[PDB]
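Have a look at the structure below before the remarks.
Chain A is numbered as in the PDB entry; the shown residues are, in order, 28-288. As the structure lists them, so they are numbered: ligands from 1, and atoms in each ligand from 1. According to its header, this structure was worked out by X-ray crystallography, 1.1 Å.
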Amino acid sequence: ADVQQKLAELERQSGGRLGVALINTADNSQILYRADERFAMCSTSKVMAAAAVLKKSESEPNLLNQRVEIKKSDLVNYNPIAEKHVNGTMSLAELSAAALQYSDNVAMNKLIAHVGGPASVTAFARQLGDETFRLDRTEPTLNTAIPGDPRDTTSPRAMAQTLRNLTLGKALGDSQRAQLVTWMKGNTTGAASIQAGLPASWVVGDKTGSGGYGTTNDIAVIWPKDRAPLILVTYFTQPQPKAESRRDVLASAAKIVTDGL
Ligand SMILES: *[B@@]1([O])OC2=C(C([O])=O)[C]=[C][C]=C2[C][C]1[N]C(=O)[C][C]1[C][C][C]([N][C][C][N])[C][C]1
């Protein structure tokens, strides 16, 4: 209850909409705040796309080594890795890492294309038992995050449950699950988000997202020191189209729901 109140307080101060789902695998409990509302996933959707490629690889040896051409026409709005490879190839492993660890958008588009498009990523989510996730478009338009628009959204509850399946459960084979977690633990974009609300000794694998309407997201698998793992989704979005990102709100939310663990 105290946690409920404190999240409400943080929401009020922030001026936006906050969605939180914590799963504590110590005792199979959850902390939920607007966990059944929809939020634009933005780049947090890249976990699902990388996982779909990993799943495909279980029946296609060496798929992760398959090369993909990067052409000027592939560049989009945010290309931190791909812009270094124009007019060469990158492997699907390389693209997965770039999508997950740098939030590269070309890399996401290549993962999307490889598996058959947004509807294929969505069908993979369904196959896992996630009936909430929907990836409707490609990069960069999937990040518009317009209030009231259900495209490219999920709920905090659904994303937490799916991320626990992917990272701690059996959605993926052991090699593929380890590769996903390795990639996420190597993320470079999350240090100001959930990470920033946890003790320094805790280990985190996370994926951030940023979008229109100051949308600021993070989904994480967390290994606290000497404790069973956690799954945490913190989604946040704002009323103004050009609102500035608020990674600090995610850090605050993470502190509130884990303080006292
Ligand atoms: B995606 O949501 O991930 C992402 C992040 C992130 O992980 O936090 C940061 C920067 C870019 C990206 C790529 C994806 N998002 C977008 O393509 C839209 C986003 C909108 C805000 C932009 N920065 C504006 C600063 N005035 C960057 C692109």
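Most heavy-atom contacts to ligand 1: the chain the PDB entry names Beta-lactamase. The molecule at ligand 1 is the drug named taniborbactam (bound form).
Within a 4.0 Å radius of atom 26 (N) of taniborbactam (bound form, ligand 1), the protein has no heavy atom. Between atom 17 (O) of taniborbactam (bound form, ligand 1) and the options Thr242, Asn132, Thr243, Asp233, the minimum heavy-atom separation is to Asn132. Distances shorter than 4.0 angstrom occur between a heavy atom of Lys234 and an atom of taniborbactam (bound form, ligand 1).
The entry models a covalent bond from taniborbactam (bound form, ligand 1) to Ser70 OG. Residues with a heavy atom within 4.0 Å of taniborbactam (bound form, ligand 1): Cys69, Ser70, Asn104, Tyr105, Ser130, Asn132, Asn170, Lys234, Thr235, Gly236, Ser237.
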